[PDB]
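Working notes, structure below.
Order of the sequence lines sets the chain letters (A, B, ...), proteins ahead of strands, with each chain counted from 1. Indexing begins at 1, ligand by ligand and atom by atom, following the structure's order. What you see here is only part of the deposit, and the contact count is restricted to that part. Scope of the values below: all heavy atoms of this structure, side chains included, with no hydrogens, waters or symmetry mates.
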Amino acid sequence: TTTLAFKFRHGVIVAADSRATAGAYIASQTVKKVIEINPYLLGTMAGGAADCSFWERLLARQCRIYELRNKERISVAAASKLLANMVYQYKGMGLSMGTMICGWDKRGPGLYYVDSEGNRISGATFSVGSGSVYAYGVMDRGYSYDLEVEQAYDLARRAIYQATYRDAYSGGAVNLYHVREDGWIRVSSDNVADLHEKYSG
Amino acid sequence: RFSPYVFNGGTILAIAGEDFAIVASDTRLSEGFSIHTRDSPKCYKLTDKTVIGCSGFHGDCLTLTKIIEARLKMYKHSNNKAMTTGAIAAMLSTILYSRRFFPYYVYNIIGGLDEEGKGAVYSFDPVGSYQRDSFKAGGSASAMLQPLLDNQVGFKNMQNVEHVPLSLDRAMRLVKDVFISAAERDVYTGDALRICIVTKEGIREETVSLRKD
Amino acid sequence: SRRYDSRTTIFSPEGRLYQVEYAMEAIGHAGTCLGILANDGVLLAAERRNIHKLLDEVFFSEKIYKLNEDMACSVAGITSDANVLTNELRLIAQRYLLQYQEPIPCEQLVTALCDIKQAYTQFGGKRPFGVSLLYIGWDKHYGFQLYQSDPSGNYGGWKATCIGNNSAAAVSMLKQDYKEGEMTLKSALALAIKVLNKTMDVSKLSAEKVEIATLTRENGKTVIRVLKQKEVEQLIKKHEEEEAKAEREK
Amino acid sequence: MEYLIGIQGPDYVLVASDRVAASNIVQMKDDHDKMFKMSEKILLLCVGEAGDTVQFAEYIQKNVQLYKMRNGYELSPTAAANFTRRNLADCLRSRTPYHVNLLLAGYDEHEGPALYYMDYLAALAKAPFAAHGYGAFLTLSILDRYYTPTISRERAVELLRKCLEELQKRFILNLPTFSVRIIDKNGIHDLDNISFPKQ
Amino acid sequence: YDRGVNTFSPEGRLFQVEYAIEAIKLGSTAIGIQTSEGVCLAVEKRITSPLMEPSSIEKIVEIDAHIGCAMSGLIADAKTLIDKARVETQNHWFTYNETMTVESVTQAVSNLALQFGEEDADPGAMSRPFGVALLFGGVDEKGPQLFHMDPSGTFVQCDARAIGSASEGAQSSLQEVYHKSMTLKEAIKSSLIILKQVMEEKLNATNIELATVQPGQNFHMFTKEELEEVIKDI
Amino acid sequence: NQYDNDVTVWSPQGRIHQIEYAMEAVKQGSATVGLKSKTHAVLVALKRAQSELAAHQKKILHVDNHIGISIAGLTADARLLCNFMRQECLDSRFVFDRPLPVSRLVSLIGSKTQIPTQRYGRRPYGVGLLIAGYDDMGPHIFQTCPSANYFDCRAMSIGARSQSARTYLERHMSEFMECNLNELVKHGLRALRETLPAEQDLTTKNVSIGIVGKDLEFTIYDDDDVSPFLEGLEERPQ
Amino acid sequence: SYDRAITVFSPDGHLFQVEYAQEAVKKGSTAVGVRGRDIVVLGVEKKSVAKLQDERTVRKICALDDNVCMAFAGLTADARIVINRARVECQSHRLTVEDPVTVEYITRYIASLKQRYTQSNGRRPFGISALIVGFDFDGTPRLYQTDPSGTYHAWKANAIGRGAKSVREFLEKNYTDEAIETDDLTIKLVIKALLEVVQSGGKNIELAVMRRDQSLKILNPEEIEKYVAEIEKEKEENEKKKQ
Amino acid sequence: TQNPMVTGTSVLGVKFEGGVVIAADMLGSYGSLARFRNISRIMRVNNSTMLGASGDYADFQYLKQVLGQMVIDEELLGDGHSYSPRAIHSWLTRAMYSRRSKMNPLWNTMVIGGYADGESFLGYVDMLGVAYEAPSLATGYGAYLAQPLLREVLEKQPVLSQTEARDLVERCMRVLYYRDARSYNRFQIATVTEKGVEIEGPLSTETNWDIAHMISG
Ligand SMILES: CC(C)C[C@H](NC(=O)[C@H](CCc1ccccc1)NC(=O)CN1CCOCC1)C(=O)N[C@@H](Cc1ccccc1)C(=O)N[C@@H](CC(C)C)[C@@H](O)[C@H](C)CO
């Protein structure tokens, strides 16, 4: 895996690869690792595939029920806290799962990192997965809060790309989403083979 | 001590066409270095529009099969309609994850038709992680089947080739070919190949023969 | 089964709980028991119904229970229910102590018992406890304190109050001789002697018939003491020497 | 790995913690806060296991606040400390033990300033000064060398600076910035973050 | 003379259930109309004081994006049922990745019918039936659908139905104006007309609430302005 | 009056009034008919409507591929019992991979429904059932009462004014065993229509049919699918 | 346990136990509350002044959280139960959700609790009604009212308890935009409304106010006597020079 | 059962024209010890089916008790329905898998033979719940020794007569007695036909030992 997300002036950028492995064997390269919880809430996905999918889906259910009950939309902090609380009750049982809850809140752009270990921290930028370090490199070397939209897109896409270059367990296609105040938008979905041609020559 | 698992072999394949869906599997049930039976297809007809392939540990295969049957019936009694293919996929996901801490040792591939009549494959992992595919292999010889279909159906690594959609005929011969090749290298794959074709007309069953060694 | 049920936790058409009121009627027949709050302490004074020539007297008291090193209580009604509630009170106090490592604030203890009584009024189908309680104590939050709790699970903090037989007249009599902010333990004892004198059906009042305890603050520690017969006799005699004195002016 | 430090003065309690939230080999947060306001005059510095820290700390916090709402007055720092110690000790031999080391800073209207130290085994001990984490091994001795019971808050802050600088010198972990707060008769006061202009 | 909550009358009915049916008759009257262009639900709010904020009176709620519900009688009882319905729909979405048919939801809620009793029961189990009546209006694969449910648990599909105090009269007035081909505007108009007839207070934009569920649009609660624009053509 | 309100109270005449009161619930619903040939089992149910704007109440329910039922009484209890039967059938298929013999399912219904008639605070099931099934003993029509008693029938009718239908069936029992499917459904429809005044008769809007047999799984015909059965019937007398 | 149906339907379709509980509420001390622009005020009448009783230990106004306060009318013990459970819930909400609590939410919780007690075996409806008051984030001041039945609504101003209809009518005829245009004027409105039913005093009235992002503030009898003096002055400077 | 004690070895099965035949020795072994040399490891489950069992004999006795009770329970009704061999096989599969999933297996490997509705049935059931149908079956060492012989014949001649199948079985039992160190020269043969289930008494296997005098040359 190799997901990453950072918040700047114009919302929250979210990006991921799509590779899924079963050992050294590449089981898939067409995995949607950015779960669409709500039209304003996204959840990245890294680690145990079934674990992430199931728990974030359940999170989506819970957020929907919250929306119906309280006649208002759930906050990013509340969603992340919900997921964290659900996951914590299974601590030590072997759930492998590291996700990012991103969205736009009444407090503006929101981004949280939530672990199967029990972590839950808000922050500006985050990178999760086997290739997270490689992404962290370029992302940190190119990040700014005053980044223009297309620039942020380039930064995220490139970071995930370099990550796929070094990390043997990351590849497939770079997917890119943008979270704005009126909801999120599916920015891009470029295959790595094409991005190679674009970035090298 | 005591192990509640035993690998029984078996290979499984599903291809999705524009108006069809193929679900095929070998018919060899084995254990250790021995053959249990040569007449054991891994294909299970769920509905007129949906066929399931289950490989791995035979106990969990049987159990999961019967469970899926029962729950199909339940859904039918509850909503007065048959389960759509994608619905069966989601249900299967939940059922598989329900044993997250004592998994069914089963590789599952669902092949059928969606609500628009088009073909669809859904590939699963033993604990419920699934996705929709045009074509996927699973089971012992999976790594032998996948790369060819990536080349021939996905047209990958081929320069200036035409993207002609897969016809039922070509798909059929492709299935027979990959299974025949797998029978050469995989020791768990052999005896016979059962193929299940799913169209608007219904479900056909064909049976090619594989080597017995 | 449904026939034998007396429906103890059910609203009456007027919007009231009959078993609670009947329990109040039970309390009205029990020995008179009052308490007064002062500036240098707080005291309890109760009529003794266990007054017979052949009784053995093997306890420090009869209607005065020690609950906590900073708290004591007196009781009126069914004595066994009183035993249950007092034991439970001690339990609660020791739990709070075990948890926070400091004495339980008086009001918290009272509310803690009252929640149980209320619970007995709302569900379970059991009869409520026919017991009213008076609580005296000291804590670092509100100093000296007097409380009263009824079987309804309801409670309140008082500067002086009474509970038991002839409680009403005793309350008005306390209203008359009250002294907000100017009360000392001695004058409070005088008041207690007076009220208990007029309210107790058997007049003259020997020290045999009453029971008085005081809670005071002395050198950092809290002292709870039950007065001996002699001291009570002193208070009574003084009351008569103040009653035969005011009657001279005629 | 996390670092806590507490220094009690005659009428105040000075507390400080690192601002690093790290996982694996990377710092994931440079502004992490390890302190929890429980009363208007009580701070809880919790550190340790992944989810155990926040879970336990927030549980204690909300229970203290519940006490405040139920009774109209706040728990004393001592009562608080023994409450947390009771909770932590009760879960010690249970199915769900909380692996947390903690400090409790407080000011009482009666007893004055107070600092408490708690093992993950829930052993509560009052101290003029304490520290948690590996960094403690490098700082405690310093605190032994220069601490006096009558130390002024300015001198206390300077001492804290000596400690943190020592961390910058000998400790192999990064730890560039530190949260610093003080507690007195006027409650909790946030101070300027002690930081070292590395990069 | 007191008896068990699961006692039968000599006529062959449960006393408590019948009494609940009697309880419905004291509730705010509501009307639901089914139309191939969508389903509409209207209900009077019965404001008992000018000081009472009318926007805090909701007798029409959203079960899901494709299903809305109107209620009459003891509303407090209805809240539980509503939440149960929402939870059921979300569970079904989680499990099967699809929306619930209106009939399935209605049936699911209807399963909590005679789930009451004394002996041989759970500590938190219901002691009495729900004194409320429900109209489920929604759009599924079978198009627009309207269902009715009463404390007996008997649920049935209706083309047009009125529940509440003015049940009979409003039902007659409904029978007089319903043909299985009305437009949604006609349905809303008729609903508000019959409502104005049966209501004791003057029908206005803050006196009632109206909501529609149509094949192309989600559950929509009519705002003040839209309500006015329909009341306009009285 | 003192033996009326509890199911655990015998009357001095050796009767249980709550059970009988529960039996009265069956007669409160719309009538239904069940009959069997030698190859087919058929349920014909008269659906009832509140107003003309309300759809007609479901009266025929699917249990298993070889078993269906027709209800008469409290729809909630009906749904309960139905779900029970469905569950038992599913269990039988899960365990033995063969369909549950109808008679055994009926026996289980008896056992289950008997329990609450003997416990304080409990109540009998306020519903009567007609069960049509097919197994390797042929077709079967069963009847279950709130009294937890069950009957194996050649033909039966339960509910409001079902006496007429009963009287009809009792004359054509001898014909039933040899009829083809269409004639069987015919007889069922005539029996059903006997329970109506001459001012009203059967319609595609108020008649449901359930059929199971050696050549057919249990199927339910409701609206336009009922017409091939109604169209082919006498004009009836007055 | 006690598996007995207590609250059941009557042949006319009534829940007698709930109605009885409402009658128990009717016997309670009058409790009123009004909602203003930047303030919200709750006042309770006949506090049963015995003058030998500590006023603090018998207050009918309780804070549930820093955000929400609440007054009640009816059985005081039941009210203690409900209040404590409400406080616990207010904390649990913070535990499961980072955000605090909305007035509507805690009101809904209390209402649901009461209803649950109207439909559960072996239990018995709470004999209280509650006036819940708060200033949830977004600044919007809100006041709600609950009922033993489980029903709950929002109000601009309301009253419960002994002679609640009288104070309801008074408030209906007196709630304007001119009134409650200033904080002191809203408080004066509450005091007047209370005086329109209380046994003519001021030492019988307990009034408390919540304002903006501040904490709950209870009014001392001195300040209450001051506002009552201004009210008795406005009743002789605008009602004496015209009548 | 986590540690099997007294056990029985191979169990053979094979279909023939109008019936099914099953074989199993009468030995219960306590490790390498031939402890109980006279026990039946074959049960008559009603008139249409029959069961042979390998593994822990006690667990087999348990299953024997349970199955016997089920058959009695059914026979009490007399409603004209009875357990088909396939049904019994399905039940047994369900049971073994259930015990497997409780991490408390019944240490048995079983062969169910049957004849109902004119069709011959032969089913295999594991202790893990692995079950299947086949024209020939062999458990334990049989699966390595007897089964290859059985398949050789059945792929050269699918349909066998009863005498042919019986001969095949006899020869297989001979091979097993030769090569299986935990077998015994005293076995039983059970047969299902339309006439019912018949278990033939203590049989012995003729043995050739001429290759004993081939040491030198
Ligand atoms: C079949 C594929 C498509 C999915 C794959 N599943 C699997 O690998 C399943 C999981 C079975 C299981 C049992 C018990 C408890 C948990 C899981 N295992 C198997 O299918 C069979 N194998 C047996 C021998 O070989 C290895 C696995 C998977 O989840 N892969 C993870 C890595 C992993 C995590 C935890 C356990 C096992 C594997 C993955 O791709 N993660 C990516 C993100 C997600 C959303 C796909 C990333 O982490 C990136 C790609 C790096 O791997």
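- The name recorded for the drug at ligand 1 is carfilzomib (bound form).
- Taking the chain with most contacts, the partner of carfilzomib (bound form, ligand 1) here is, per UniProt, Proteasome subunit beta type-5.
- In this entry, the other chains with a heavy atom less than 4.0 Å from carfilzomib (bound form, ligand 1) are A, B.
- UniProt bortezomib-binding residues of chain A with a heavy atom under 4.0 Å from carfilzomib (bound form, ligand 1): A/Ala49.
- The molecule name in the entry for chain B reads Proteasome subunit beta type-1.
- The UniProt active-site residue of chain A having the smallest heavy-atom distance to carfilzomib (bound form, ligand 1), to 1 Å, is A/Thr1, 2 Å.
- Lab note: binding site of carfilzomib (bound form, ligand 1), heavy atoms under 4.0 Å, is A/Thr1, A/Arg19, A/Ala20, A/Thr21, A/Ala22, A/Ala27, A/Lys33, A/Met45, A/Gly47, A/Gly48, A/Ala49, A/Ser130, A/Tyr169, B/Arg100, B/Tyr107, B/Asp125, B/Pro126, B/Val127.
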